[PDB]
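Lettering of chains follows the sequences in order, A, B, ..., and the numbering in each one begins at 1. Both counts, for ligands and for their atoms, begin at 1 and track the order of listing.
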Amino acid sequence: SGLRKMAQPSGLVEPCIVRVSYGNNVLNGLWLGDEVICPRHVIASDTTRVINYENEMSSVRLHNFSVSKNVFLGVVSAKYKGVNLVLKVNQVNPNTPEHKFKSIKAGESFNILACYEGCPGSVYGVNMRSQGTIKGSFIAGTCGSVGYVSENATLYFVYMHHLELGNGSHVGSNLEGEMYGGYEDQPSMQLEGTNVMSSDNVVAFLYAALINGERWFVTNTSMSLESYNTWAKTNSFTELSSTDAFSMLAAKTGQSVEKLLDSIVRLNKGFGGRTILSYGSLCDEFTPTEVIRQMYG
Amino acid sequence: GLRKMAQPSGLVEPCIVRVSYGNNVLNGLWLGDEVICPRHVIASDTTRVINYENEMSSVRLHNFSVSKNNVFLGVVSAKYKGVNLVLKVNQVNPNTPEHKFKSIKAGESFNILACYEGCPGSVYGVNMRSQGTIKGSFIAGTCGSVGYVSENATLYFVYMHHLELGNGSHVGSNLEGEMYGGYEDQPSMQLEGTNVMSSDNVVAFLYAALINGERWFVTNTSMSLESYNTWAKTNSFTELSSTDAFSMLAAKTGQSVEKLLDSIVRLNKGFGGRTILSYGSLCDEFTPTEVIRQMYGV
Ligand SMILES: *C(=N)[C@H](C[C@@H]1CCNC1=O)NC(=O)[C@@H]1[C@@H]2[C@H](CN1C(=O)[C@@H](NC(=O)C(F)(F)F)C(C)(C)C)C2(C)C
Ligand SMILES: *C(=N)[C@H](C[C@@H]1CCNC1=O)NC(=O)[C@@H]1[C@@H]2[C@H](CN1C(=O)[C@@H](NC(=O)C(F)(F)F)C(C)(C)C)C2(C)C
């Protein structure tokens, strides 16, 4: 039946995206109520070198702002909230959805609505890596793009884009102005720690493969949870607290997690020219609930 | 990296409705006072071969139940149009978007709004394969989910899901009732023929891997376009009509198309153990226009 990296519908988020400009910098902002949130580096006079954000805030002028969506809104108030700029504007968004704010932990998945100059362009799914970054595809002009997730009909805003590390990783903020991974919103070479892959997600990915008729990687072998967790700590893998999150998947496929744990250790050395749903290497991008919901509704 | 993206779904979501007839529950597309949906909904047994006109003559319109959130759309007329069921309802959709109907061709990308029993659930991009199938993720209750694509602000409805073949390939139709690939909407053994790889989309895929710093598959050898087309006729790849579509990509990457055509023939037999953009084999779901926009915007 298939497995694809899916995005949640974005109909509630698109009417809240706006264009935000200051001088020669233009990016996107999130319009909720009578306030606009956007990365604070929109007011930097020179993103070339390291920015003194206190100087840029002292030299700010509200008239130099422009916040528009197809409709122009004047800015009446500007203030820093963490690495985020918070702008009050003279009009309340009539399409403000019921929403909350949250932060994303490692291994969790959420949806990226990538936008360009206030125009929502595309939407796709991502997965939070252990160092506080995501493998997005942000390019020039995508700062301010919003991340979100829906849980039990509750809309959460969880991500706003900011920068791209030298290794290509993408660093963003939550919507209280706190940058993921402790990175700075400065144009300087910042290093990313070694990536610890989520064993919970890798196991779910292998279960998705079994449900789609892939089976060459499971043998008459089964590795113990403590034995796997010892292997995990020396090969940059999360330790599995238990196998309880896979009871349903294990009964439907008739394959235990312990059998799947042995395959991970074997598959970590390479697939040997074979495929697992087109992947040539292990993939920790799908959570267990992501898989269970896509395979069984 | 190279990721499959989907155009946003704000215009499509409010047109999705839940259509149920007997024991069948699926989706429908509510446009004005017309609700299009797969015609198999009106069938009493989806396990055996279906007489569609005999079921149309026994169609009691009071048994339909069209629904969106809390609006109940009474069906006043029902008629076949190809493999699709076209219902006339007593209420016009106040959120009908400006749209047209389009037909996707092989090697072209579009978006899927995967809806489950009338509720829009997820959004993802797909690609049209030579035999009229796509490779997505559909399960029970997702029939009638809508394929769409926007070009220069023009919204096109292009796909409606119908069935899954035994090999996992997914089969749908356009909004005019013409089934892609010509497959029947019957629960019978139906083979998908030989799949033919779009060489346009593989060259685009290999270029995106060059921008991502993956260059182990490029050597110093080249291969003519004419000689690649001769090789493609017997290896189930489409022929290349021009190297012009990749003139931007070839300039930014420093590799002519002919050098990656040689890469195609080599990597077609297997990557030898290495990977490309996390793939284990050649991928052809990304058009040149797709790759260029994702890499360079504008
Ligand atoms: C805003 N639209 C961009 C988004 C970037 C463009 C490439 N991919 C993205 O996600 N963000 C920036 O331009 C920010 C901005 C200055 C520098 N910057 C960067 O992302 C740069 N990175 C760095 O300087 C580094 F290495 F330190 F992280 C860049 C080299 C352009 C990718 C500020 C204020 C951080
Ligand atoms: C409609 N909601 C489902 C969608 C299916 C469910 C699994 N993945 C999908 O794409 N499709 C159907 O109900 C259609 C419908 C009867 C049976 N059917 C199938 O898709 C079946 N396929 C075939 O019979 C086959 F292989 F021959 F094409 C099924 C075995 C359930 C996958 C009718 C009228 C074809």
**Q** By the name used in the PDB entry, which chain has the largest number of heavy-atom pairs within 4.5 Å of ligand 2?
**A** 3C-like protease
**Q** Okay, next thing: the drug at ligand 2, what is it?
**A** nirmatrelvir (bound form)
**Q** Going by heavy atoms only, which other chains approach nirmatrelvir (bound form, ligand 2) to less than 4.0 Å?
**A** B
**Q** Atom 7 (C) of nirmatrelvir (bound form, ligand 2): which of B/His161, B/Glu164, B/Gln190 has the nearest heavy atom?
**A** B/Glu164
**Q** Show which atoms of nirmatrelvir (bound form, ligand 2) fall inside a sub-4.0 Å distance from at least one heavy-atom site of B/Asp185.
**A** 34 (C)
**Q** What's the covalent partner of nirmatrelvir (bound form, ligand 2) here, residue and atom?
**A**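 Covalent link at B/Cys143 SG.
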**Q** Under a 4.0 Å heavy-atom limit, does B/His170 contact nirmatrelvir (bound form, ligand 2) with its side chain, its backbone, both, or neither?
**A**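 It is the side chain that touches nirmatrelvir (bound form, ligand 2); the backbone stays farther off.
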**Q** Taking non-hydrogen atoms only, is B/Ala43 closer than 4.0 angstrom to nirmatrelvir (bound form, ligand 2) via side chain, backbone, both or neither?
**A** neither
**Q** Please state which option from B/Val171, B/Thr46, B/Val41, B/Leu26 has its nearest heavy atom closest to atom 16 (C) of nirmatrelvir (bound form, ligand 2).
**A**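 It is B/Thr46 whose heavy atom sits nearest to atom 16 (C) of nirmatrelvir (bound form, ligand 2).
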**Q** Out of B/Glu192, B/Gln186, B/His40, who is nearest to atom 15 (C) of nirmatrelvir (bound form, ligand 2) when you count heavy atoms only?
**A** B/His40
**Q** Quick one: what's in the binding site of nirmatrelvir (bound form, ligand 2) at 4.0 Å, using heavy-atom distances?
**A** B/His40, B/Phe138, B/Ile139, B/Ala140, B/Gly141, B/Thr142, B/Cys143, B/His161, B/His162, B/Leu163, B/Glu164, B/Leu165, B/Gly166, B/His170, B/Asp185, B/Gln186, B/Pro187, B/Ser188
